[PDB]
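A look at one PDB structure holding propofol.
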Protein chains: 4
Amino acid sequence: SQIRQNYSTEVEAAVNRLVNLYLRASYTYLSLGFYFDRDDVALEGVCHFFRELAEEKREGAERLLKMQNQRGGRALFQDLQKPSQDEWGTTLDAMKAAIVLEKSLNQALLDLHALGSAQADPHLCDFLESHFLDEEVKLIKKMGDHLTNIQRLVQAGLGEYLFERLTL
Amino acid sequence: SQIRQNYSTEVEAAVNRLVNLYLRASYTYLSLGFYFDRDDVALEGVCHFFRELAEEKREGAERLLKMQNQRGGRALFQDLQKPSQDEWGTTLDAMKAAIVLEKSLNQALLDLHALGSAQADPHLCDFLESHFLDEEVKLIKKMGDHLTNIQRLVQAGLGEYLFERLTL
Amino acid sequence: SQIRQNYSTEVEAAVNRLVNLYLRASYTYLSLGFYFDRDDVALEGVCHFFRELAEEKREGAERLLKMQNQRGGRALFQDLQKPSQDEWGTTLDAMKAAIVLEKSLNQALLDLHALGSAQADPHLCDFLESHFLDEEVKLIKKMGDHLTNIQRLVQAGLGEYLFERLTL
Amino acid sequence: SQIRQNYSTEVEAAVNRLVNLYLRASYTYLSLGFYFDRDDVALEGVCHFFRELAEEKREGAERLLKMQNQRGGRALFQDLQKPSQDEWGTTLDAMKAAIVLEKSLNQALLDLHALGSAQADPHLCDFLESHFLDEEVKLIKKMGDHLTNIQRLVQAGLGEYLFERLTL
Ligand SMILES: CC(C)c1cccc(C(C)C)c1O
Ligand SMILES: CC(C)c1cccc(C(C)C)c1O
C-alpha cells in the first residue's frame, strides 16, 4: 500500500480477527434480544438492553474496519459462528453470559494493545485506548452492577419482573 | 344493487356474521371493563385495558359495515348475545378469556379470507389483510406477553397490584 | 405457543432460513462497502451505496425476526457464511454481483410467498407483500438502471470516476 | 526552569527539530499553492488544497512551540530551507510530492514518540497521540485516495480538469 507506514502484518491480522469477534458479539446480542421478545419470555426492557448492545458491537466492528483501511491494511472476513445458545434462560443467566462475552472482548483488546506496544505502533495504541478500552470498562461495570441487583432480587419471578420494570 | 360486482352472497352473509362477532366482542369487553371498576375489584389499569378494547372492536364492526355498503351488500343485524360470564375473576382469568375471544375472532377472519380466495374476491382479501389480520396478530402477541408477566407474578395479591401499576 | 395460530412449521423454518439469507446479504454488502473504501480503490459514492444496503438488509432480517415472534414461531440462528469474494473488482463487477444477490433474495421471498399461499397463511402473504416484495422490485430496477449507465460509460477509468461523482 | 519536570534535553532538542520540519512543510505547501495559481497552470481547487495544508502545518508548529514552553523547554529556531522544487508539474506530480512530505513528517512523529517512550515521558506521548498521529494518518489516507483517483483519470488534460472540478 502507498500509504502503509509502521503497520505490521501481525497487527493487520489481529485487527481482522477482532472484527470477527465484534461481529460475533453483535450476533450473540441479536439472539439474546429476540429471545426476550418471545411471548413466553416477554421482558421488553431486557430485549431492549441486548438489542442496543448488538448495535454498539456492530458499530465497533465498523470502526475497526475503517481504521484498517486508514492504515493501509486489507479487511478479510471469515464465517461468523452462530451464538453459543439458542435459548438464554433467565435474565440472570443472560447477564452472566453477557459479562463472559464482554470480558473476552476486553481481553482481545488488551492482547492487541500489547501487540501494538511490542511493534512500537502508537497510533494503534491510541486508537484502542480512545475508542474501545474505556467503553469496555464502563460496560463491564454496568453489567456487574446489574448482576448484583438481579441476584439481590431472586420469589424469583417477582424479582425478574421488578428488575425489568424499575432498572431497565 | 347497481354497484354490486364480484361480491358473492356467501361473502355478504359471512360479513354480516362477522359484524355480529365483533359487536359481541365489544360487549364482552364492556363487561370486563366495568367488572374491574367494581369497588371490590378496583384495578383501574385493567378496567382501562378492556374499555379500550371494547372501543376497538366496535370500530372494527363499523369498518365492516361500511365495506358491506361499499360493495353493494345489505347489512342484517341479529340479537347480540350477552357475555359468557357476569363476574370475571382475577386479572389472569380475564386475560385468558380475552385471548380465547381474540383467537376466535382471528379464526373467523381467516375463514372469511379463505372464502374470499375461493370466490376470487381480491378486494375482500385485501380489505381483511389491510385492516384486521395484522391488528389481530399484534393484539394476540400483546395479550400473550401480558399473560406471561401475570403468571410470573403469582403472593398473588401483590403480583396482581404490581402488574396493574407497572405494566397497565 | 399460547398465541400460535395458523402458522405452520414449514413457514417457521423457511422464515429462519430467510433471516440467514438477509444477514448473509448484509455481510456481503459490508464487504463490498469497505472494499470501495480502500486507498487503492477510493470510490466514496460506491462505498456509501453498499454500506446503505448493508443497513437495509440487516433491518429486513430484524423485521422478519420480529414477525417470527409475533406469530409464535421460534428464531433459530445458523453460522453466517463469509461473502463469496474478498476483492470485488470494478464498480461494474460489484453492481453485477449485487443484482445477482438481490435476485436470489427476491426468489427466496417469492418461494416463501408460494409456501404461505399453499399453507393458506394470509398474514404471511400480506407481510411479505407489504414489507419486502415491492422493496426488492424497486431496488432491482435501480441496480439495473445503474448497470446500464456504468456500461455506457466504459476510457474505463474516466467512466468509473464520472459515475461515482455524478450518479452516486 | 522552575517548572521543568521529567522533560529530557533529548526530547527538547527533538521538539525543536520537529518545529523546523513543520515550518518547512508549511513553506513547501505555500509554494505548491501559488504554483497552481499561475495563469499557465490555473487549477484553483488544487491551489486551495495546498494553501489549506500550509495553514495546518503552521498551526502544528505553533502547537509544538506552545508545548515546548508548557514543559519548560526553550524554543530554538533554525534557518528554514526553501522547498525542493520551484515548479511542481502536474496535479499527479504534486500529490506524489505531498505524500512523500507527509510520510516524512509522520516518521519524525513516530521517532519522537519512541524517544518519549524510551525517556518515560508520558505527557509527550499523549500530546503526540492526541494532536498529531491521528491527523497524519487521516491526511495520508486522503492523499492516497486522491492519488488513486488522479491515476484513474490519466486524455490527461481532461482528467486533470475533471479532478479539480469534481473532487477538489
Ligand atoms: C448488528 C447485528 C444485528 C448483526 C448480527 C450479525 C451480523 C451482522 C452483520 C455482519 C450482517 C449484524 O449487523
Ligand atoms: C354494547 C356495544 C357493543 C354496542 C352494541 C350495539 C351498538 C353499539 C353502537 C354504539 C355502535 C354498541 O356500542
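So you know, we letter chains A, B, ... as the sequences are listed, proteins then strands, and number each from 1. For the numbers below, each heavy atom of this structure counts, side chains included, while hydrogens, waters and symmetry mates do not. Only a part of the entry is shown; contacts are counted within it. When the header is checked for method, it gives X-ray crystallography, 1.7 Å. Both counts, for ligands and for their atoms, begin at 1 and track the order of listing.
Within this structure, propofol can be identified as ligands 1 and 2.
This structure shows the largest set of contacts to propofol (ligand 1) coming from the chain the PDB entry labels Ferritin light chain. At a heavy-atom cut-off of 4.0 Å, the other chains in contact with propofol (ligand 1) are listed as A, C. The entry attributes the source of chain A to Equus caballus.
Not a single heavy atom of C:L30 sits closer than 4.0 Å to an atom of propofol (ligand 1).
Using a 4.0 Å cut-off to heavy atoms of A:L23, the atoms of propofol (ligand 1) that qualify are 10 (C). Remark: atom 8 (C) of propofol (ligand 1) lies closer than 4.0 Å to no protein heavy atom. For atom 12 (C) of propofol (ligand 1), the closest non-hydrogen atom on the protein side is A:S26 OG, 4.1 Å. The side chain of C:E62, and not its backbone, has at least one atom closer than 4.0 Å to an atom of propofol (ligand 1) (non-hydrogen atoms only; side chain from C-beta on).
Contact atoms of propofol (ligand 1) toward A:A54: 1 (C) (distance under 4.0 Å to a heavy atom of the residue).
Most of the residues of chain A within contact distance of propofol (ligand 1) belong to the UniProt domain Ferritin-like diiron. Looking only at heavy atoms of the protein, atom 13 (O) of propofol (ligand 1) is closest to A:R58 CD, 3.3 Å. Residues flagged by UniProt as binding Fe cation in chain A that sit under 4.0 Å from propofol (ligand 1) (heavy atoms): none. Binding site of propofol (ligand 1) at 4.0 Å, heavy atoms: A:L23, A:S26, A:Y27, A:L30, A:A54, A:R58, A:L80, C:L23, C:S26, C:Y27, C:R58, C:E62, C:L80.
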